[PDB]
Structures are given as structure tokens and as C-alpha cells.
Amino acid sequence: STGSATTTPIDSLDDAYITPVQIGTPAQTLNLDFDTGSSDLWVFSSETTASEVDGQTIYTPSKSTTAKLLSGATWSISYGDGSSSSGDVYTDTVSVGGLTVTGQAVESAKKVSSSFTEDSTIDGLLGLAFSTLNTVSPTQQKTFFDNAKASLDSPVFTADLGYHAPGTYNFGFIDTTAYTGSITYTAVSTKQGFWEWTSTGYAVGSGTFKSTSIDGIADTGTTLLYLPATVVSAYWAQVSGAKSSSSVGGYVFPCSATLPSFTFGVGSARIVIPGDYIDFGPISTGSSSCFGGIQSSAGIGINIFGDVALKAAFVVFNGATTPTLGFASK
Ligand SMILES: Cn1c(=O)c2c(ncn2C)n(C)c1=O
């Protein structure tokens, strides 16, 4: 089997991407944030505290003839951005882009933190990291991909995120028309439950490539590119007037600037992030200070190849017995 679904930016900055997901019978379609940095499929629901729902589409398990309470199971998750959610669990039929999993754990939110409430466009998350990170207790649950894997034509999914445009998540096949050149594969460590890999270096603009190992995670659920402070400083030093602002919470730059590209290494291959991908616009409406798309990972504890990096590539998440990651230009 295979599946193919379009993923769409939630706003003009590509802050996140939403992908329609069919849950239950008859189908309830919710727009979920596919997150390769976590492993819970959770949704706004009929159980979510009413004051914490503001425009989201909810899953109502009592209206699904295939929903079953997973008795005694609870979940609770906190994300790198400080947001969180928790609740109980149903199993139900879940389909993405024509690919159907029966008995998928659908984690129903009883509580969500303010950032979720305030984002009316995201109806929940669909985790695509390794199932060892799933938070369901006392019986850990499998991700949608892990449940689908054996049925797939090939045990893979791909992320093809757009810049200010829709893109695609495919399951079970590699669309050879969706990228240019060849795909370069690189080793993954699953020791922390992430799609963790080691970039071979970077360049800033037309500058020379610096060979250096940068361990990080491929994370579709993180907006920006978070790298060591040394690398980030080298990038922003090439933008007149750029500076790190503790009050704003990272590097800002004059909105009048033209940003240089940023290149990252994948083995001997190179992925180029155009400068425009690094512009996240005014820090507040009407401001001439703009927020940067490359930020320091110091204090996070891990480097994160988020959407800014991933949307410059066609990315293969290879879930074979020994997982690997593939990157191609497009
Ligand atoms: C602080 N900040 C962000 O954290 C941010 C942003 N755009 C995207 N992000 C993530 N802007 C404009 C911003 O000012």
C-alpha cells in the first residue's frame, strides 16, 4: 500500500504545515501537524476543556462506530517550545492520503496549553519520530507510520515541504519526479528516539564550505533551523545590522536586508537554503526589525533541522530495520 497527502502552510511565514487526516467511521477529517520530532497522534476532541478550544475541528469518538476506549490509558506531552497537552486514548481507524491503519491510538486531549488554543488552524499532531518516545501509559503505543509499515510497498515516508506553498507527505514510495539529481543517504541514530543524523558541515552565502560534524534531528514540527552558536554567529555576521536580542529571543536583522543563503552538508552532497527562506518577517506588526530563521541551539541541548532546512530538500525517512535519512535537492 501507499498514501499521498498534501501538506499546507498554516500562515504566510510557513510557521507550520497541516495535513488532512481521516479519523473514525464515518470519517472525521482533522488537519494535523505532522511532526517527525515526536511520537504521539493527539487531537482536539469532544473531551477537550471547552475554554481551551477556539476554532479547531474536534474529534468526537462517540460519533465513530469504530472508536474504542483504550481502557486505563492516559498521555501527557511537553514540547521543546514549552507547549503541552494531555488526555485519554481511543483506538480508531486513521487514514492519511488513502493509506489506512486500523486500531491506531488516537490520543484525545482533555487539556491543551495556550499556544495550541490560540492556533485555530492546527487540530492536533501526528507524530512520526520513533515509537519509543510515545507518551501513552501504561502501555506505550505505536505511531501511524510504525503501524502502517508492514503494509507499505517500502518502509519509508517522505517530506517535501513547500516554501510559501503546499507540499507533500508520501508513505510507502519515493516519487522520483519530486527531486533533482540523486538522493544522498546518511546514517541515523535512534538512541534518543529521533531521526538524528550528522551533517558534514556548512557554508554561508558564496563562502567556502566548513567541514565539521553537526549532530542534529530532522524535525518537521519545528519551524526554524537551530544550530551551534558558532555556526549561527558566522551566518548573521554576514548581514549588516543583525544582532542577537535577548528581549526578542534570538537573532533579528533589518527588514531592509538581503539575506545570504545557507548550505548544509549531507555526506559529500550539499543542500542550499535560499536567503529568503531565512526571513520570518517583522518581530511585531509594522516593525523594521525582522526575525531570523537560523537561531542558536545553545540551551536546547540538541541541534534541530526544522522546516527552514527541510523545505529546501526532498527528505526520505527510511524506516527499514536500520533506519537512514535521505536528502535530495529539488
Ligand atoms: C520571536 N519570533 C518567533 O519566534 C518567530 C517569528 N516568526 C516565526 N517564529 C518562530 N517571529 C516573527 C518572531 O518575532
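The residue numbers of chain A are those assigned by the PDB entry, with the residues present covering 1-330 sequentially. Reckoned from all heavy atoms, side chains included, excluding hydrogens, waters and symmetry mates. When a ligand or atom number is given, it counts from 1 through the structure's own listing order. Method reported for this entry: X-ray crystallography, 1.3 Å.
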What is ligand 1 bound to here, taking the chain with most contacts and naming it as the PDB entry does? Endothiapepsin
So what drug did they put at ligand 1? caffeine
Which residues form the binding site of caffeine (ligand 1) (heavy atoms under 4.0 Å)? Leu13, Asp15, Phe280, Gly281, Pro282, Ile283, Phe291
Residue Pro282 vicinity, atoms of caffeine (ligand 1) by number, heavy atom under 4.0 Å: 12 (C)
Give the UniProt domain of chain A with the most residues touching caffeine (ligand 1). Peptidase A1
In the protein, which heavy atom is nearest to atom 5 (C) of caffeine (ligand 1), and how far is it? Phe291 CD2, 3.6 Å
Distance under 4.0 Å to a non-hydrogen atom of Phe280: what atoms of caffeine (ligand 1) satisfy this? 7 (N), 8 (C), 12 (C)
What's the shortest distance from atom 9 (N) of caffeine (ligand 1) to any protein heavy atom, and which residue and atom give it? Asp15 OD1, 4.0 Å
